[PDB]
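Structure follows of VX-787 associated with Polymerase basic protein 2.
Chain A is numbered as in the PDB entry; the shown residues are, in order, 321-482. Whatever order the structure lists them in is the order used to number ligands and atoms, beginning at 1. Only this structure's heavy atoms are used, side chains among them; waters, hydrogens and symmetry mates stay out.
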Amino acid sequence: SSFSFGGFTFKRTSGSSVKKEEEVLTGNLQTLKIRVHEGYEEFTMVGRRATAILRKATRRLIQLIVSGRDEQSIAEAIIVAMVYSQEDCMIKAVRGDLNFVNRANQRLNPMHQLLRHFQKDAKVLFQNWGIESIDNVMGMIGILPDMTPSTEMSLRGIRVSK
Ligand SMILES: O=C(O)[C@H]1[C@H]2CC[C@H](CC2)[C@@H]1Nc1nc(-c2c[nH]c3ncc(F)cc23)ncc1F
Ligand SMILES: [Cl-]
């Protein structure tokens, strides 16, 4: 069965995961209690303006292949995938006001809290994610933290289908 996150419809296409609650420490030193998915899984992500295929494991993005209508729509998909990955570099990229601990009995979803944080401005997320050298795969291109294309380098695990 499918579920929506960040305006993408997710469908699990392979694998499985078990759940473990973990109290992580954000970059601005707040505690979030997140349900960590442990396992090796593949998802499709279908949005109104971008599509992606995500392979991930426990708190790790392994591969994301993305297509979309413009740079902004591609970036939107990437930010959703980087939060959904639950990666420590994404948790440590949170900056600014302590606006996760301030909601009283609202009990907001920590994954949605993170997403709304990074949708505001993903520059620190992209700068801390990491880049790698890429193989030359015809029809695929790298995307750098400034969302410009590269034939040589890319955000770690991420490729754009031109
Ligand atoms: O935990 C949640 O409240 C929700 C919100 C935050 C992410 C998902 C979509 C919205 C999550 N829902 C679901 N996640 C997942 C799920 C599998 N592997 C994952 N890895 C990381 C992750 F993060 C969520 C998942 N499966 C079924 C779901 F139905
Ligand atoms: Cl929420």
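For VX-787, every matching ligand or chain, copies included, can be listed as ligand 1. Within the 4.0 Å heavy-atom criterion, both parts of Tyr404, backbone and side chain, lie near VX-787. VX-787 has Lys376 within reach: a non-hydrogen atom of the residue lies less than 4.0 Å from it. Within the 4.0 Å heavy-atom criterion, neither part of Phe330 lies near VX-787. Under a 4.0 Å criterion applied to the non-hydrogen atoms of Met431, VX-787 contributes the atoms 6 (C), 23 (F). Atoms of VX-787 found under 4.0 Å from any heavy atom of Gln406 (numbered from 1 in listed order, with element): 21 (C), 23 (F).
Considering only non-hydrogen atoms, atom 5 (C) of VX-787 lies nearest to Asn429 out of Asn429, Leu435, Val400.
Across the listed options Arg379, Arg332, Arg355, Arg355 owns the non-hydrogen atom lying nearest to atom 1 (O) of VX-787. Near VX-787, within 4.0 Å on a heavy-atom basis, the structure shows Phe323, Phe325, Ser337, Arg355, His357, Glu361, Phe363, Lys376, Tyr404, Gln406, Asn429, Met431.
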